[PDB]
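Opening remarks: the structure here includes olsalazine.
To find a chain, count down the sequence lines: A is the first, B the second, and so on, and within it residues start at 1. Technique stated in the header: X-ray crystallography, 1.4 Å. In each ligand, atom 1 is the first atom listed, and ligand 1 is the first ligand listed.
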Amino acid sequence: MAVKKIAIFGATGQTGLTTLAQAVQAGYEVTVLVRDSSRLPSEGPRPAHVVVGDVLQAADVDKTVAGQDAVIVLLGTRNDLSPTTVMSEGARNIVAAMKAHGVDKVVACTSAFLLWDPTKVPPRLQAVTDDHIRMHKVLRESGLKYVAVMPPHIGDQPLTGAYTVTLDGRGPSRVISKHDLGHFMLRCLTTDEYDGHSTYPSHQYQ
Amino acid sequence: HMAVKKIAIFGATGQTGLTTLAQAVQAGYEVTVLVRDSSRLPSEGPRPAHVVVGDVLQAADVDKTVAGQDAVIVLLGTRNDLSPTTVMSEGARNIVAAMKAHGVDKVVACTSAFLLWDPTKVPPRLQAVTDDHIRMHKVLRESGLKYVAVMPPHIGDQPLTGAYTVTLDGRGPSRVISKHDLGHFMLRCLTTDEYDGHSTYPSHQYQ
Ligand SMILES: NC(=O)c1ccc[n+]([C@@H]2O[C@H](COP(=O)([O-])OP(=O)(O)OC[C@H]3O[C@@H](n4cnc5c(N)ncnc54)[C@H](OP(=O)(O)O)[C@@H]3O)[C@@H](O)[C@H]2O)c1
Ligand SMILES: NC(=O)c1ccc[n+]([C@@H]2O[C@H](COP(=O)([O-])OP(=O)(O)OC[C@H]3O[C@@H](n4cnc5c(N)ncnc54)[C@H](OP(=O)(O)O)[C@@H]3O)[C@@H](O)[C@H]2O)c1
Ligand SMILES: O=C(O)c1cc(/N=N/c2ccc(O)c(C(=O)O)c2)ccc1O
Ligand SMILES: O=C(O)c1cc(/N=N/c2ccc(O)c(C(=O)O)c2)ccc1O
């Protein structure tokens, strides 16, 4: 296929695990970056290549980005709402590696709160949102072919492929299943129509 | 007050520096910049009147930049430092000494809104630069110079509005200021004494 080799950052995470499973089923040759302490589960889908290391190390990000057709970014801090720069600094490393290695397409997940009135963002989520804002600025200013995926609440509902994709604004539902979010990140590999846009995927599960 | 025409800008090649410099040149200021590498200044459009090539850590280079000015704008930063660093505070000591030696009495300097919030708001990677912002702020406050402390939140890329809010000695209502609005505010601080001795938090809601 046109896009065949992809790097996934955050493959062990809630959305990353289903994105990886869908990508392997769809025939992608997937490279993952995993932290040493948190490898992919034994019984699950196996990627083609594993780099062990940290997104905060340029060397490890370089190893993961080299030779790819595109990059998916599903970094996050799991339940931890503390102040952080891991997403934005990870994105700085990813941008630098993509430029050095001639990779252009990056589909990266931040949050629908980037499209909210800031007075309404829940204060408990402001520290994480501040880093999503930093991350989105890094990716927007890079000049790369960047699809800004900005989901609302990530739920455990099924894969449908039937969700709404709202461009450059908030969508009509406040949930997307983790499986649909991963499906959309992969869909963004096969089209240029979302490049340079913010995208809000959402659905009503019924 | 005293009419400011000549200014030095430190950090003029940075993201806020570049637009503060452009806006200052367009408004008519006679601008002197201290730059480590003159190729980082734009070759077209508005250009400063005077370029000193050198380093804020070298007292002589700072002295040459501050000589003859009416006021000083400080937009230094060290984005890549994540462990203890003293570049900004040592630069500020050199700036203060040069201002005292040359009779320059007005300094408008950028640190960050972390200095207005609980220290646990600081991401761990940013503790070292925040600690050095605190040292720089203390150097400027203890100098006896007329000092406006500008303590912005996230610096964004939205177009200049001139319509942002400034909150005095406290935090305002948004957590972003465009680099263009931040630069506009630094220049506004040259036209008035009202912020002298205060901390200022510029912020705005864009679109
Ligand atoms: N409702 C929601 O939960 C919601 C809504 C909107 C937006 N979001 C945002 O959507 C994104 C994805 O959320 P999610 O729930 O799928 O993610 P998650 O479960 O928090 O997974 C985060 C992933 O990032 C990896 N990671 C973290 N730090 C890393 C580091 N230093 N180096 C390498 N990898 C690192 C994690 O690896 P480890 O296995 O080593 O931890 C894991 O694979 C997040 O940014 C989140 O804030 C979430
Ligand atoms: N980014 C944010 O959202 C944010 C938020 C709050 C506060 N801040 C703080 O706001 C301030 C301005 O940030 P910014 O992003 O506009 O700055 P920046 O883009 O990082 O620019 C830093 C400037 O300082 C110069 N500089 C650094 N070391 C120097 C040295 N030894 N001698 C002479 N010049 C030196 C740099 O010169 P070169 O071009 O030669 O490197 C550049 O002109 C910083 O102190 C920052 O910590 C940033
Ligand atoms: O731990 C968490 O609770 C958490 C929640 C997050 N985001 N939640 C969102 C984001 C955007 C939204 O629009 C909505 C919504 O509409 O409810 C919810 C992100 C990281 C987290 O760790
Ligand atoms: O290296 C950098 O990029 C850097 C970034 C800084 N950011 N400071 C703040 C302060 C308050 C805020 O609210 C926010 C925000 O909301 O993003 C950011 C400070 C020093 C640095 O060296």
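- Tracing olsalazine through the model gives ligands 3 and 4.
- Of the chains near olsalazine (ligand 3), the one making the most contacts is recorded in UniProt as Flavin reductase (NADPH).
- With heavy atoms closer than 4.0 Å, the chains neighbouring olsalazine (ligand 3) read A.
- With the cut-off at 4.0 Å and only heavy atoms counted, the binding site of olsalazine (ligand 3) comes to A:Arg78, A:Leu81, A:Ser111, A:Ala112, A:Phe113, A:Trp116, A:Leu125, A:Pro151, A:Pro152, A:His153, A:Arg174.
- Using a 4.0 Å cut-off to heavy atoms of A:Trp116, the atoms of olsalazine (ligand 3) that qualify are 13 (O), 16 (O).
- When only non-hydrogen protein atoms are considered, atom 14 (C) of olsalazine (ligand 3) lies nearest to A:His153 N, 3.5 Å.
- Measured between heavy atoms and rounded to 1 Å, the nearest UniProt active-site residue of chain A to olsalazine (ligand 3) is A:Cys109, 9 Å.
- Near A:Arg78, with a cut-off below 4.0 Å to any heavy atom, the atoms of olsalazine (ligand 3) are 22 (O).
- Near A:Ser111, the atoms of olsalazine (ligand 3) lying under 4.0 angstrom from a non-hydrogen atom of the residue are 10 (C), 11 (C).
- Listed by number with element, the atoms of olsalazine (ligand 3) under 4.0 angstrom from any heavy atom of A:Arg174 are 15 (C), 16 (O), 17 (O).
- According to UniProt's NADP(+)-binding annotation of chain A, the residues with a heavy atom under 4.0 Å from olsalazine (ligand 3) are as follows: A:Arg78, A:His153.
- Closest protein heavy atom to atom 2 (C) of olsalazine (ligand 3): A:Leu81 CD2, 4.2 Å.
- The protein heavy-atom contact nearest to atom 3 (O) of olsalazine (ligand 3) is A:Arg124 NH2, 4.4 Å.
- For olsalazine (ligand 3) and A:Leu125, the ligand atoms under 4.0 Å from any heavy atom of the residue are 4 (C), 5 (C), 6 (C), 19 (C), 20 (C), 21 (C).
- Looking only at protein heavy atoms, the nearest one to atom 8 (N) of olsalazine (ligand 3) is A:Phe113 CE1, 3.9 Å.
- Residue contact check: A:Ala112 has heavy atoms under 4.0 Å from atoms 13 (O) of olsalazine (ligand 3).
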